[PDB]
**Student:** 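Dropping the structure in here first, questions after.
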Amino acid sequence: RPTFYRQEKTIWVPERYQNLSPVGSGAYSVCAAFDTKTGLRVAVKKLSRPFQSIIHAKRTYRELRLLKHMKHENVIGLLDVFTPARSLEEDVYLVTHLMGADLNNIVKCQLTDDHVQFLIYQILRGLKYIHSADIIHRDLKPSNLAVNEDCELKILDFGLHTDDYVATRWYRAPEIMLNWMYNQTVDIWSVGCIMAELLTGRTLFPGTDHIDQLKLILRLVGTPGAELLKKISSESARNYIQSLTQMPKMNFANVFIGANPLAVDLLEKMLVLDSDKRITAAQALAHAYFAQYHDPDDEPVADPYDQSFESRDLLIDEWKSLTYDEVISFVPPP
Ligand SMILES: Cc1ccc(-n2nc(C(C)(C)C)cc2NC(=O)NCc2cc(F)ccc2Oc2ccc3c(cnn3CCO)c2)cc1
């Protein structure tokens, strides 16, 4: 209905979006643009080959459904959806509020302890909302976090993985890195890595590989207790852990020198090896380190999310009809 235009290392689309500049030509690409109607700077994601197989058609539908159901200040909020193709029988695009820049190029600059408080509070306030819809992030690296000059923070994901530029394994939880089991606390492990890297300014677990990563993590959190060893669903990995020369639990006070006491304490809470023992997003919000901004009423919980469709593995063709239904019925926010 609106007028579309074309331009190219990929081709792009309505008239309202101008000044297209590239961002990420990842495996599945993205553009940063300016929406003339709202007057905001927007991020425009284009899904390449969304229907070449039912698997990334499932990804397509999953993405749109989720982004539609996502409405949180600290989480990406869908703005527009459109296609130039001329009928339901016929590329697709996603638009969202574009924050200043990710967190990579800002770890290198400026941080005070209160800035870390505000940042990690935004992240945990987003993760409460995410986990209360029974959704797990997994890929919670700094480059998937959006920030602007006002230190506002929006959570995000365009991994767009298996790495073995900031390597992803450095922030992946031990158990999800070795399929030992997992509950949502893997994201909290990532948060611990991130807060530590901010306060200390350097990588916490700069693992060169799976093995080196694991060894670095243990050199801090120590070897597992007799209990946690039971929790492993891998007898080869079990014998390997039991073989590693035991490592005692280091005192985080020794490591996080000159760090806010409450900061070191929360780090103690967010880096428990046992998945069923780490602190939860809400329990961390309740932490005194965030009592400056901690507001239980200003930390809403996402309404239920109907994920029933995952078991519905449909034909190659008909899934685009349901994706089209979810496209046309989109409702922009005033
Ligand atoms: C199979 C599958 C599909 C999707 C997801 N999934 N899950 C999540 C959550 C939050 C729930 C974890 C988010 C997503 N998907 C995206 O976040 N897609 C990016 C995207 C979406 C648009 F609607 C519009 C533009 C987009 O690209 C961007 C977005 C932010 C940007 C830029 C540039 N700057 N910034 C800000 C700072 O960098 C570009 C998971 C699995």
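All residue numbers refer to positions in the sequence shown, counting from 1. Counting starts at 1 for both ligands and their atoms, following the listed order. Values below: every heavy atom of this structure, side chains too, minus hydrogens, waters and symmetry copies.
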**Student:** Per UniProt, what is the name of the chain that shares the largest number of close contacts with ligand 1?
**Tutor:**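 The main binding partner here is Mitogen-activated protein kinase 14.
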**Student:** Drug at ligand 1: what is it called?
**Tutor:**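 Found there: pexmetinib.
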**Student:** In terms of heavy-atom distance rounded to 1 Å, which UniProt active-site residue of chain A is nearest pexmetinib (ligand 1), and what is the value?
**Tutor:**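 The UniProt active-site residue closest by heavy-atom distance comes out as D157, 3 Å.
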**Student:** Residues of chain A touching pexmetinib (ligand 1): which UniProt domain claims most of them?
**Tutor:**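 The UniProt domain in question is Protein kinase.
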**Student:** State the covalent attachment site of pexmetinib (ligand 1) as residue and atom, or none.
**Tutor:**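 Here, no covalent bond links pexmetinib (ligand 1) to a chain.
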**Student:** Can you list, by chain and number, the residues with heavy atoms within 4.0 Å of pexmetinib (ligand 1)?
**Tutor:**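 On a heavy-atom basis, the binding site is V30, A43, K45, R59, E63, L66, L67, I76, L94, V95, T96, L98, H137, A146, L156, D157.
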